[PDB]
Colleague: 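Below you'll find the structure I mean.
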Amino acid sequence: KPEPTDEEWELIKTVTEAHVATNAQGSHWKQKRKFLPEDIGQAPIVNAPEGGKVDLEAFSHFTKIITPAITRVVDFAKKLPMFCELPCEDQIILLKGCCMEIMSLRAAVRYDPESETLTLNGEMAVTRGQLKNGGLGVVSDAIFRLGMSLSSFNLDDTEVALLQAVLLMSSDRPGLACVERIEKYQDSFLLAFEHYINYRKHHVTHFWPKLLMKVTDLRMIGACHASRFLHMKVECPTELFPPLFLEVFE
Amino acid sequence: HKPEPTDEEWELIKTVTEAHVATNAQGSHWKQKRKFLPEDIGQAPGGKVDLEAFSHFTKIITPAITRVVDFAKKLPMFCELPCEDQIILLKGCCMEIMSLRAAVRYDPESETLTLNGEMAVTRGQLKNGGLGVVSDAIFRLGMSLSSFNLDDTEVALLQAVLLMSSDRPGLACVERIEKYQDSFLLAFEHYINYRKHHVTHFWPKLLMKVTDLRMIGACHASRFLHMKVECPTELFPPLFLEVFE
Ligand SMILES: O=C(O)Cc1cc(I)c(Oc2ccc(O)c(I)c2)c(I)c1
Ligand SMILES: O=C(O)Cc1cc(I)c(Oc2ccc(O)c(I)c2)c(I)c1
Ligand SMILES: C=CC(=O)c1ccc(CCCCCC)cc1
Ligand SMILES: C=CC(=O)c1ccc(CCCCCC)cc1
């Protein structure tokens, strides 16, 4: 199995550092985290015939720490030379299209089977039900499943970073100008990623193929996020929408 | 570097591994032949046992039980123990090894456990099925074992350790058994350094799973008493009754 080249190790060091420099609570999150009160995000005893509405209370708790998560995704991308080479127009499109994907990933990787929750921003542990009633709905199930399936993969910072790099450089986003260039960047990240994986030596058959499918799951989650956001603008009042949160979809 | 298994330990590792493989339902992918228990079965509209769901479990309970016994008998160290000791050890690890085997077959995508490698069931089906909370304990164990990526050898060794529990009430060759367990832990410990898993504090956390399997085995004993009160005698296979006397 071909391992990463000197140049790729250089690239790997750039992404890993960029990710670690933007990944909250890089200093033990499962020790300083705080569990969201049980009473918050509790399944409705009545359940409206509509189809389940968004728990405005839980939603408030989620959006109160959403901005930092969004800005962090932007800082990560700006720490990558390749990204900084892209036009302003392209950068915005790529960020708005991978924002939720990368965040969902960051949360998924922080899945704790013992408490069966996700540590958002590495400080808030939420249950599958709390995140759902919080406004993500079925999306919560998608993210939780992802986290459960990623356990056996034991992804390190370099693999999560590279994963984020691949999600960031999506040349299939609508409106992109440097379609070709961006794809060259992605292929570079993918190549370095795969090579790094051979170096890591994971104990799981068809690791590479299975991981790529996860990129596909993130794409689905990101899309469902946009649709889920539409219901939020309908049920959730404006006062609960942070500055960057709304622009990420508008 | 960490110490790896010696030549003598490799042969022991070979024995236990082949013993487990010969008594386990895989070596051919259990996801290609497994079937899902009808959703309508084991539905939950303490708690009463779902007779129908129960019947489906005990219908394949004997095979699982007989395999654990076969596993132990394929181990020379076990055959050197008195009949009374063998009976004691088996009755004390049966559910332990069984739970372990079911846990390792956990499937995140379907969120179920493939019993005997042919019947997949949900947390609810197994709970109302008669295991109650024990079902949650087994599913929890299965979820925490994903990152461990245990191979047949590690599960086999794990079963060996559970088997050679010299603290079982009534045992006679307590020291001979203890000696056997350590030989497995040592070989297991060395094998672990060979594999080299990417899970921080792998060894410590795995050993802890052994303690969880201990609790699961105990909670099942008390759970079995509820079954002999709610479930009719017909649904109790002969070998199933004796094992958990
Ligand atoms: O875990 C991290 O670092 C990043 C992170 C932060 C948050 I707050 C988060 O939850 C969301 C996201 C969108 C949304 O509309 C709602 I309501 C909740 C997730 I998923 C991930
Ligand atoms: O999966 C395997 O190979 C072995 C296996 C087989 C069975 I059937 C099983 O379920 C049980 C066990 C005890 C009990 O009282 C009831 I009701 C159901 C489990 I957990 C594991
Ligand atoms: C959708 C993405 C954007 O347009 C976007 C969002 C946020 C930012 C960062 C602004 C500074 C925020 C304080 C750190 C830049 C661009
Ligand atoms: C509790 C364990 C036992 O005592 C035990 C259980 C089963 C067997 C196998 C008997 C063979 C009959 C066909 C399965 C032997 C011993």
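Each chain is given a letter, A onward, matching its sequence line's place in the list. Note that chain A carries the PDB entry numbering, so the residues on display, from first to last, are 211-460. Numbers in chain B come straight from the PDB entry, and the residues shown are 210-254, 261-460, in order. Only this structure's heavy atoms are used, side chains among them; waters, hydrogens and symmetry mates stay out. All ligand and atom numbering here is 1-based and tracks the order in the structure.
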Colleague: Quick check: what drug is at ligand 2?
Modeller: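 Recorded as tiratricol.
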Colleague: Which macromolecule in this structure makes the most heavy-atom contacts with tiratricol (ligand 2), going by the name UniProt uses?
Modeller: Thyroid hormone receptor beta
Colleague: Heavy atoms under 4.0 Å from tiratricol (ligand 2): which other chains do they belong to?
Modeller: B
Colleague: Write out the residues of other chains lying under 4.0 Å from tiratricol (ligand 2), heavy atoms counted.
Modeller: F269(B), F272(B), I275(B), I276(B), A279(B), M310(B), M313(B), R316(B), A317(B), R320(B), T329(B), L330(B), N331(B), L346(B), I353(B), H435(B), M442(B), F455(B)
Colleague: What do you reckon, does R320(B) have a nitrogen or oxygen under 3.5 Å from a nitrogen or oxygen of tiratricol (ligand 2)?
Modeller: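 Yes.
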Colleague: Look up the source organism of chain B in the entry and report it.
Modeller: Homo sapiens
Colleague: If I apply the N/O under 3.5 Å rule, does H435(B) come out as touching tiratricol (ligand 2)?
Modeller: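 There is such a contact, yes.
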Colleague: Counting from 1, what tiratricol (ligand 2) atoms have a heavy atom of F269(B) closer than 4.0 Å?
Modeller: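 Heavy-atom distances to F269(B) below 4.0 Å select 17 (I).
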Colleague: Okay, covalent or not for tiratricol (ligand 2)? And if covalent, which residue and atom?
Modeller: none
Colleague: What do you reckon, does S314(B) have a nitrogen or oxygen under 3.5 Å from a nitrogen or oxygen of tiratricol (ligand 2)?
Modeller: no
Colleague: Hey, quick one: which of the residues UniProt lists as binding 3,3',5-triiodo-L-thyronine in chain B get a heavy atom under 4.0 Å from tiratricol (ligand 2)?
Modeller: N331(B), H435(B)
Colleague: Identify, by atom number and element, the atoms of tiratricol (ligand 2) in contact range of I353(B), meaning under 4.0 Å from any of its heavy atoms.
Modeller: 20 (I)
Colleague: Closer than 4.0 Å to some heavy atom of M442(B) - which atoms of tiratricol (ligand 2) meet that?
Modeller: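 Selected atoms, number and element: 15 (O).
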Colleague: Pull out every atom of tiratricol (ligand 2) sitting under 4.0 Å from any heavy atom of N331(B), numbered as shown with elements.
Modeller: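 With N331(B) as reference, the close atoms of tiratricol (ligand 2) come out as 1 (O), 2 (C), 3 (O), 4 (C), 6 (C).
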Colleague: Most residues of chain B in contact with tiratricol (ligand 2) fall within which UniProt domain?
Modeller: NR LBD
Colleague: Looking at atom 8 (I) of tiratricol (ligand 2), what's its closest protein heavy atom, distance included?
Modeller: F272(B) O, 3.3 Å
Colleague: Could you tell me the residue and atom name of the protein heavy atom closest to atom 10 (O) of tiratricol (ligand 2), and the distance to it rounded to 0.1 Å?
Modeller: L330(B) CD1, 3.7 Å
Colleague: In tiratricol (ligand 2), which numbered atoms sit nearer than 4.0 Å to a non-hydrogen atom of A317(B)?
Modeller: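 Atoms satisfying the 4.0 Å criterion: 1 (O), 21 (C).
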Colleague: OK, so UniProt lists some L-thyroxine-binding residues in chain B. Which of them have a heavy atom under 4.0 Å from tiratricol (ligand 2)?
Modeller: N331(B), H435(B)
Colleague: With the criterion set at N/O pairs under 3.5 Å, what does the list of contacts between the protein and tiratricol (ligand 2) look like, atom names and distances included?
Modeller:
residue, atom, partner, partner atom, Å
tiratricol (ligand 2), 1 (O), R320(B), NH1, 2.8
tiratricol (ligand 2), 1 (O), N331(B), N, 3.0
tiratricol (ligand 2), 3 (O), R320(B), NH1, 3.0
tiratricol (ligand 2), 3 (O), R320(B), NH2, 2.9
tiratricol (ligand 2), 3 (O), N331(B), N, 3.2
tiratricol (ligand 2), 15 (O), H435(B), NE2, 2.8

